[PDB]
Amino acid sequence: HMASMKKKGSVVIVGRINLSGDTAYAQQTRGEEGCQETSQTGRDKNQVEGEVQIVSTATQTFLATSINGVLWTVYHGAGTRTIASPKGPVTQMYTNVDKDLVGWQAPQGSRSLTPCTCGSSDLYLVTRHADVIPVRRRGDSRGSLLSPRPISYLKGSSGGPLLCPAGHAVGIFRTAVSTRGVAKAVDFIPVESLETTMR
Ligand SMILES: CCC[C@H](NC(=O)[C@@H]1[C@H]2CCC[C@H]2CN1C(=O)[C@@H](NC(=O)[C@@H](NC(=O)c1cnccn1)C1CCCCC1)C(C)(C)C)[C@@H](O)C(=O)NC1CC1
Ligand SMILES: [Zn+2]
């Protein structure tokens, strides 16, 4: 009974959204069997690159975004889980259920986005399928899609970035705002909220 007590696995990086060139595209770096093993050991020796990682638990796949040397994602996806790394599991450096926000030290090899300082309300959401979707900022933590999509389109994009025209991080996508299955808007965690969390 106490001896049969299992532990939750680590979050595992299973790919990335490549934003380095003219074309955004998703790359897978680990398959399902490797993911399952790595989640249990917490030992991930794969090379990490890029700003936006595709991450998985046993039950969910979603995104994580590096900003100012922290890999950030949503609490509703990651919970309090460690992330797998070459040295074994790494404990969260930030955990905030009230903001729906968690973060780990950014993996060696990752690149970070810089927080936006320009005040622009013309944003771009990067999805787990590497779509770059225009979003008009409508408040501190909400934006509207210029073209509404079924919510399926956004499933698994939580933890991904909203970017300004200059490619700086404005926020982390948290949840879709939907009506009868159509997403018309998105809620996000503003980068200023991350910056406060960091000090
Ligand atoms: C929504 C797309 C991204 C996913 N976000 C989520 O799953 C978040 C989580 C936040 C905590 C509760 C969950 C519900 N959720 C939602 O976005 C859900 N949105 C909602 O439930 C939104 N509510 C509504 O759309 C609504 C409200 N009244 C009546 C009818 N519909 C609320 C509205 C208030 C602000 C917050 C959003 C949705 C779209 C799935 C039904 C993300 O978790 C993800 O990447 N998923 C993949 C693994 C399956
Ligand atoms: Zn900016």
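Numbers in chain A come straight from the PDB entry, and the residues shown are 982-1180, in order. Header lists the method as X-ray crystallography, 1.6 Å. Atoms within each ligand, like the ligands themselves, are counted from 1 in listed order.
- According to the PDB, the drug located at ligand 1 is telaprevir (bound form).
- The residue-level binding site of telaprevir (bound form, ligand 1) (heavy-atom cut-off 4.0 Å) is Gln1041, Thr1042, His1057, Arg1123, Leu1135, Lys1136, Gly1137, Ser1138, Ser1139, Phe1154, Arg1155, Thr1156, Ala1157, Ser1159, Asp1168.
- Checking only distances, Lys1136 never comes within under 3.5 Å of telaprevir (bound form, ligand 1), N or O to N or O.
- Geometrically, telaprevir (bound form, ligand 1) and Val1158 share no nitrogen or oxygen pair separated by less than 3.5 Å.
- Geometrically, telaprevir (bound form, ligand 1) and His1057 share a nitrogen or oxygen pair separated by less than 3.5 Å.
- Of the polar atoms of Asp1081, none of the N or O atoms is found under 3.5 Å from an N or O of telaprevir (bound form, ligand 1), judged by distance alone.
- Polar contact with telaprevir (bound form, ligand 1): present for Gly1137 (N/O pair, distance under 3.5 Å).
- Of the N or O atoms in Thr1160, none lie within a sub-3.5 Å distance of an N or O in telaprevir (bound form, ligand 1).
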